Q: 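Lab note: asciminib/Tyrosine-protein kinase ABL1 complex loaded, questions to follow.
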Amino acid sequence: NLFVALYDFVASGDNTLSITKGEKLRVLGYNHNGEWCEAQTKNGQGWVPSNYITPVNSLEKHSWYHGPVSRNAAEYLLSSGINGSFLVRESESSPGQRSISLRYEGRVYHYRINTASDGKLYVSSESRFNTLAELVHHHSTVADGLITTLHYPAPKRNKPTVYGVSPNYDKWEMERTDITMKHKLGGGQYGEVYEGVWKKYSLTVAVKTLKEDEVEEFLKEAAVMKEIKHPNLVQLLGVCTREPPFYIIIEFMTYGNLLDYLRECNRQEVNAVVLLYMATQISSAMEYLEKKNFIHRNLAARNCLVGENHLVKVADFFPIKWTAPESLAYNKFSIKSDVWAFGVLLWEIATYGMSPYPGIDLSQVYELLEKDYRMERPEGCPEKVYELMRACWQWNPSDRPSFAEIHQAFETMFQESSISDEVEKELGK
Ligand SMILES: Cc1cn(-c2cc(NC(=O)c3ccc(C)c(Nc4nccc(-c5cccnc5)n4)c3)cc(C(F)(F)F)c2)cn1
Ligand SMILES: O=C(Nc1ccc(OC(F)(F)Cl)cc1)c1cnc(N2CC[C@@H](O)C2)c(-c2ccn[nH]2)c1
């Protein structure tokens, strides 16, 4: 059938098609993995990312329909809202289960959408509708059981994730001259990493360059990155590995590293909901690396990048404070030692980037960990979050939760409350 564009896409490659949000398209076919599709508009024919469009006969065409988003992710999306800001979401775990998340007087209210035996949808038993768009349209005029009216659909601000810049199989080599190299990133903090502009592809990029005094390591890094495909792990955009200097390209992350971001942010804007949103994106990324059996070895807030709308990406650019005991004693690294490091990262988030083990000499850390000493619950930290850190910090690696269990815990943690209320109580008690 017919499709509608949900996001703007600017033609870059020769086989690509420029599209505007709201525009109709006919879909001719798909690329090797279904992530790109060949579409036809009134302006032409060409390749577009599949997730930038949706059938005209689908719920995703509505600005208020955010699809599979969690209770907590909905609270984040509405944190920038006003009274009447709202969205409709589906449960990822239990398909077909929908809810309304509505902002009123700085709080988010969640309502289950009920289905009758004849298939009619309702929030209030007296007001049943044949379709979801009719239910939404009704509660957009009268509250009729909701705290207030549904007036402002929450914006879908971040563009969907696209792995690379091409629909074609293993086309990663790009043209060096198409990038205008600017200054070194973060005032030389990351080494041979530069800010660049990729005009052809309409991107601001971060470019890692190879200079004399290891080619084999730089090539292995590009090769590893080709297989890392998750919305919260840095996505490789392309390489220049034919002639020197060798390039590795990713999209530039506006707000730099997470550690400095936590330390320098506006704490009124970056509240408990925003902090939980960032921790959950990191846990999703680590669940993905766990499935791939990939050992990160360097998980810390300093190794995470912050983009627009608090989009967090795990990357890999004193470290004793993040290191598991078996790794310190026997140089044994595993997914379970990444779990330990995640617990410390959670403590960095819970404190707005404080340095771990305050007042403790680095030479005494292992000895203290052995006697079952652990960092104290940060001030304002909800007990359930501190229990998770304590689970990550189990002496024995096999006693530690897996990243799939950590992610599941976050998504079922404040299922009948708000982390903002939990933090409020801990700051009071
Ligand atoms: C052999 C091997 C590779 N890896 C691995 C490499 C990376 N690469 C980068 O993070 C990386 C590579 C190239 C570039 C250009 C960058 N970009 C970068 N680096 C430092 C700072 C910034 C930056 C700073 C401020 C604003 N925006 C970006 N960007 C990252 C990422 C991963 C991970 F975490 F995703 F699993 C794994 C591990 N073992
Ligand atoms: O929101 C807070 N914590 C939180 C959020 C999410 C969590 O979950 C996770 F999953 F995101 Cl890690 C876990 C903990 C928070 C609020 N206020 C704080 N203050 C104390 C006095 C005041 O001036 C500033 C602190 C704080 C700063 C330094 N230490 N403590 C933290």
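Heads up, chain A uses the PDB entry numbers, so what you see runs 83-295, 298-401, 420-531. For the numbers below, each heavy atom of this structure counts, side chains included, while hydrogens, waters and symmetry mates do not. Each ligand, and each atom within it, is numbered from 1 in the order the structure gives.
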Q: Quick one: which ligands or chains are asciminib?
A: ligand 2
Q: I need the residues around asciminib for my notes - heavy atoms within 4.0 Å, please.
A: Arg351, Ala356, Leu359, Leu360, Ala363, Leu448, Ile451, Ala452, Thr453, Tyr454, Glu481, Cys483, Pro484, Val487, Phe512, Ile521, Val525, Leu529
Q: Mind checking which UniProt domain of chain A carries most of the contacts with asciminib?
A: Protein kinase
Q: Only heavy atoms of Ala363, strictly under 4.0 Å: list the atoms of asciminib that pass.
A: 10 (F), 11 (F)
Q: Say whether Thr453, considering both its backbone and side-chain N or O atoms, lies within less than 3.5 Å of an N or O atom on asciminib.
A: no
Q: Would you mind running through asciminib and noting each atom that sits below 4.0 Å from a heavy atom of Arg351?
A: 24 (C), 27 (C)
Q: Against heavy atoms of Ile521, which atoms of asciminib measure under 4.0 Å?
A: 6 (C), 7 (C), 8 (O)
Q: Quick one: which asciminib atoms are inside 4.0 Å of a heavy atom on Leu360?
A: 10 (F), 11 (F)
Q: Using a 4.0 Å cut-off to any heavy atom of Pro484, which atoms of asciminib qualify?
A: 13 (C), 14 (C)
Q: Using 4.0 Å as the cut-off, what other ligands and ions neighbour asciminib?
A: none
